[PDB]
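Everything on this sheet refers to the single structure shown next.
Chain naming here is simple, since letters A, B, ... match the order of the sequence lines and numbering starts at 1 in each.
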Amino acid sequence: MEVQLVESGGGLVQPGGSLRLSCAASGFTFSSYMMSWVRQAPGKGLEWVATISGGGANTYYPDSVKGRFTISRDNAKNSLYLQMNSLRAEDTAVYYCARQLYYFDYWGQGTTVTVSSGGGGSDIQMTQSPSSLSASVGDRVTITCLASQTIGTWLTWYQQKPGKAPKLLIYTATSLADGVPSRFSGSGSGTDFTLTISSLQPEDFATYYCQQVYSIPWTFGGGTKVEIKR
Amino acid sequence: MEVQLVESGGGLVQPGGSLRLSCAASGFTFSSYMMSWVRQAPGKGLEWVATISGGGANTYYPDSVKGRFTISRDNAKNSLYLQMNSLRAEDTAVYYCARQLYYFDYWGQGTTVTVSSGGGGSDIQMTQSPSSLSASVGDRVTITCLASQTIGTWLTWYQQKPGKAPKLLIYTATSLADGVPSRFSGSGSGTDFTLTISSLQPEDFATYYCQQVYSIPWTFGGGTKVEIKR
Amino acid sequence: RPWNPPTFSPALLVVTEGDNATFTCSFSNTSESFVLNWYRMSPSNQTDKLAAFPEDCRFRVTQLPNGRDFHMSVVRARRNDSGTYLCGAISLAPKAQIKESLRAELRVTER
Amino acid sequence: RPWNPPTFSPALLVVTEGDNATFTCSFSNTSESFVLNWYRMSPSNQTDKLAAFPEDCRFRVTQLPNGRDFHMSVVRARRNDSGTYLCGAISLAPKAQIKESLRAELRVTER
Ligand SMILES: *[C@@H]1O[C@H](CO[C@@H]2O[C@@H](C)[C@@H](O)[C@@H](O)[C@@H]2O)[C@@H](O[C@@H]2O[C@H](CO)[C@@H](O[C@H]3O[C@H](CO)[C@@H](O)[C@H](O[C@H]4O[C@H](CO)[C@@H](O)[C@H](O)[C@@H]4O)[C@@H]3O)[C@H](O)[C@H]2NC(C)=O)[C@H](O)[C@H]1NC(C)=O
Ligand SMILES: *[C@@H]1O[C@H](CO[C@@H]2O[C@@H](C)[C@@H](O)[C@@H](O)[C@@H]2O)[C@@H](O[C@@H]2O[C@H](CO)[C@@H](O[C@H]3O[C@H](CO[C@H]4O[C@H](CO)[C@@H](O)[C@H](O)[C@@H]4O)[C@@H](O)[C@H](O)[C@@H]3O)[C@H](O)[C@H]2NC(C)=O)[C@H](O)[C@H]1NC(C)=O
Ligand SMILES: *[C@@H]1O[C@H](CO[C@@H]2O[C@@H](C)[C@@H](O)[C@@H](O)[C@@H]2O)[C@@H](O[C@@H]2O[C@H](CO)[C@@H](O)[C@H](O)[C@H]2NC(C)=O)[C@H](O)[C@H]1NC(C)=O
Ligand SMILES: *[C@@H]1O[C@H](CO[C@@H]2O[C@@H](C)[C@@H](O)[C@@H](O)[C@@H]2O)[C@@H](O[C@@H]2O[C@H](CO)[C@@H](O)[C@H](O)[C@H]2NC(C)=O)[C@H](O)[C@H]1NC(C)=O
Ligand SMILES: *[C@@H]1O[C@H](CO)[C@@H](O)[C@H](O)[C@H]1NC(C)=O
Ligand SMILES: *[C@@H]1O[C@H](CO)[C@@H](O)[C@H](O)[C@H]1NC(C)=O
Ligand SMILES: *[C@@H]1O[C@H](CO)[C@@H](O)[C@H](O)[C@H]1NC(C)=O
């Protein structure tokens, strides 16, 4: 035949999405040439993204895509593939496949992949307001946590002392875990929740997280760190 | 008898590598409680990674690790496992195993997983000559490329006209690709390279890129746009 | 009867812009004959009165039912809301006297 | 002896600061009796001579060996080097005479 490279698979995606690109070849001994994926941002220049040897036994990626992108090829079908996982805004580009020698020999006309900025979450996003805090021993401390959706009372409060693992403080947003002092208070339902330390103590020096266990994925707050001045 | 969870398996992995985590349980009937891995990257907060049911019949994962991670439990050995495939630098964290009902009551003290690359800043960077230029038909244009390191004569020149894929012009920095007019010329070796157009023609309206093929990552230059000016 | 000034916790608040920054003025009042003020140090050291209890829309004071504590919050805190704040107890009691609290800092970081 | 003035390419150079900006003045010369001058327009809009072939330090002219073209370069080009540039052929063969080029623009972009 005549040498030919045709790309397929492009389209619009949201950040964190998945996309798989196909490049089909003809007109040369496909199982002998290195194959490549080179991309170009909509306004920027060219950057190489993946390469696979003729027999498929050798792969090469730049560091920006290692762990996300996977180049593969099926020599029986004379096609080349690129699996793009957890797409970022930096991945919006035209994706060409190119027969690779010590140069890039033939280029396909490329497929277009557009990573939107659409969709915020799709998971319940927790928001802790105070976000860092320093009060003297005996003060009253208030940490608020805001849920994007309604979670009822399915809200958990964790305390992580320095250098140690998180510890269960309060579950279902009001009930107290065993071995926890009474100065810790929990309240709220639906979207607004509050953790109250009625009288700060040096042993309360830690970082506090909220967490909804309503639906998957179970999401945490950003954490509120509590220093103690004196 | 106290409940104890002990994690092992963390280590240094290169991006795209693989790692397996263990968690040894004791102090409760392991067969009837849900187990889960929660991770925390350095300086950041908590995020949930995987969950297994008590009998092992049900698994749950967030979208960021689906297909990559596989949680498993051996109720005979009272142990929990996390198989981590295709690791990314974002996966660098301390991974805790935890007992899950509708809160994480018991936490292990965590094992550290680090995903990093030693490539750092040993990349070859290519810069190109006038960033853009505007000459008339028949003028003699000259374009330069510069390499951060010595690359011998492993330099390539490409021509990209609007809405089209790059076309190979010059390989090994002096040779001329098939079907390229004799007016294109390439010079240089080591660090400084030059592309010369002996007589600008209307069909030379394009942007020109250089590219080293000496060592990965195969990097391109910023390009030089050549406008046939009014 | 010497009555002690209110306390203003926390001494430092680090809230990201767009969120709610809530302070807590605690006052163990001897009488019911008092009002509360919330001040902010202007660059000229002039204590600028933000809000009062009882009573701008962004500066709200709410009274907690425990009869001791008050919540003083900045709704949708802007970045230049960073500065020095304090609460103040005015005594309408047999003798009229103002007693300010220890000043505290508030930082508003960027998103 | 009617002879045409030289040409000065490219008409617009857009160089990042710190690089080498290279113009190309081409002259189809009737004789060997001539020199070349590289002018830059002042804010007063008349030619300031930078360098001449044959013979500053950051303005070097070289004779491309094709007997037609000359490379006139700005080494380590600064930001304020942007302006209007041109070349001029000074014939010394009978009737000394100067014929300027078409003016070309230089733009230096900041890093
Ligand atoms: C247009 O101008 C070019 C450029 O001229 C040069 O640059 C300008 C600025 C002035 O400084 C001129 O004086 C310069 O010459 C012309 O280009 C030159 O043309 C001459 C004509 O031959 C070239 O000549 C010589 O040099 C070479 C070595 O480089 C010698 O080997 C040549 O020959 C001798 O030796 C032969 C045996 O070995 C013998 O048979 C001969 O009798 C002779 O003795 C010769 O001396 C010169 O190299 C050219 N330079 C360039 C850069 O091209 C061009 O001719 C002009 N055109 C017109 C129509 O005037
Ligand atoms: C210190 O001050 C508090 C608060 O004083 C109040 O606020 C200041 C700013 C001034 O405006 C005062 O004028 C206010 O009183 C003291 O508390 C108050 O004490 C009252 C009895 O002396 C008590 O009584 C009345 O209301 C009862 C029902 O309360 C309803 O309203 C309150 C809010 O005010 C609410 O928390 C509650 O849940 C009810 O909805 C009623 O049962 C009584 O019979 C009486 O009619 C006030 O409730 C109480 N206020 C608060 C906020 O606690 C305190 O006594 C002062 N201490 C000293 C030592 O003087
Ligand atoms: C930021 O605050 C507003 C309202 O502020 C409240 O007053 C403060 C003194 C504080 O102590 C908060 O707990 C109070 O809620 C929040 O919005 C409201 O939501 C309720 C829902 O029932 C609604 O009826 C109100 O009209 C809302 N008011 C406003 C001004 O929006 C808002 O959600 C808070 N945001 C964060 C991130 O905390
Ligand atoms: C920018 O140019 C300078 C000097 O230009 C050279 O000389 C002109 C007359 C012309 O022929 C150009 O094509 C030449 O490249 C380069 O300078 C180096 O200068 C040092 C002295 O400081 C000298 O030791 C080196 O040998 C010179 N290198 C070369 C290649 O000539 C300079 O490297 C150029 N910079 C860039 C970014 O291209
Ligand atoms: C006045 O301002 C100075 C700094 O200029 C500060 O040290 C001092 O505490 C301020 N005093 C008051 C009452 O605001
Ligand atoms: C703070 O920023 C707002 C803009 O959101 C502006 O209107 C106001 O004048 C600023 N105040 C000060 C003291 O800078
Ligand atoms: C250009 O800037 C340099 C600063 O490096 C200065 O010395 C020089 O005088 C300036 N020349 C003009 C024409 O602006």
Review point. Which drug molecule is found at chain B in this structure?
Key: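 It is the drug camrelizumab.
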Check your understanding: Which name did the deposit record for chain B?
Key ->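 The name in the entry is camrelizumab-scFv.
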